[PDB]
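Drug bound: GLPG0634. Macromolecule: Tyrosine-protein kinase JAK2.
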Amino acid sequence: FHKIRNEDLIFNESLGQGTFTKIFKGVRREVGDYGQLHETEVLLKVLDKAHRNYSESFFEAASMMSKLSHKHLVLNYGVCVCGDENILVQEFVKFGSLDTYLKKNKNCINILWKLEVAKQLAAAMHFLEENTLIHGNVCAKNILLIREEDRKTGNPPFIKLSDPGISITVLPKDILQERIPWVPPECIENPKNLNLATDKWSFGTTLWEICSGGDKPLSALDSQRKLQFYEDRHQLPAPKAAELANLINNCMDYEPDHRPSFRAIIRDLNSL
Ligand SMILES: O=C(Nc1nc2cccc(-c3ccc(CN4CCS(=O)(=O)CC4)cc3)n2n1)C1CC1
């Protein structure tokens, strides 16, 4: 990671919190191309001091996203580890997390918009699968909207996938259960089962979110009931807009070996 000075970072408004983290919009003062000085908008992710013992995993997650370069992956700019802080410095995506956007703009998102976003997410995941690189936390809140759809110019929306955060392989069990049905059944049974097939399952859950206007599946179930949901081998209900329900259920296969490749997922999406 590139090291960024604390004095070059300005923390501004809170964007909420993640698991053991707080997130802010900020500004990074930097020398850019041609030596020009810039004050660049950045996403600042801060590991809670009380959870400093996760620092390794915290940075490993981000390092995953910098292992490769791709148009659908959020950029890491660097880290600030001055003093008692563990800070990730990332690209700031103008329109933010997709679940919030879906909840706010549900009354004007149609099947074509959803198909474009689904195809872009699948393209990103196909890139990761070809590189045998596990993401491990695919979900709508980790999809960021770079550009809105502009039908006046035919321009489709454009999204990127953000870093997965601290890995489910080290998180407490109660958090994993709260993350049902994004965390697949085999990872509830054993978080060390994290594998490429994990991201196919979570991709299914994320499509469900995209089709459900930002609703969270199984939100009315407490952790014990989410566990039993897996134990009874239930599937998610079809969204009212049911165009992707079969793909959702095919990806959310309780047999990890049977989940379709992302190449096959993309072929399916292109057939609609
Ligand atoms: O937020 C914006 N851009 C932006 N860029 C990036 C780049 C990387 C990561 C993020 C990001 C920020 C926050 C979150 C969690 N978060 C908590 C409250 S929640 O309501 O559940 C919606 C999601 C998740 C991802 N972001 N976010 C624009 C709208 C102001």
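For reference, positions follow the sequence shown, starting with 1. FYI, side chains are in, hydrogens and waters are out, and symmetry mates aren't considered; it's all heavy atoms of this structure. Both counts, for ligands and for their atoms, begin at 1 and track the order of listing.
The deposit names the source of chain A as Homo sapiens.
Under 4.0 Å from GLPG0634, the heavy atoms of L144 that appear belong solely to its side chain. Under 4.0 angstrom from GLPG0634, the non-hydrogen atoms of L43 all belong to its side chain.
Residue contacts with GLPG0634 include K94, since one of its heavy atoms falls under 4.0 Å from the ligand. Counting only non-hydrogen atoms, the option in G214, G96, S162 that gets closest to atom 2 (C) of GLPG0634 is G96. Of the N or O atoms in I23, none lie within a sub-3.5 Å distance of an N or O in GLPG0634. Atom 16 (N) of GLPG0634 has its nearest heavy-atom neighbour, among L44, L15, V74, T19, in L15. Lab note: binding site of GLPG0634, heavy atoms under 4.0 Å, is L15, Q17, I23, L43, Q90, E91, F92, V93, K94, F95, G96, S97, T100, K141, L144.
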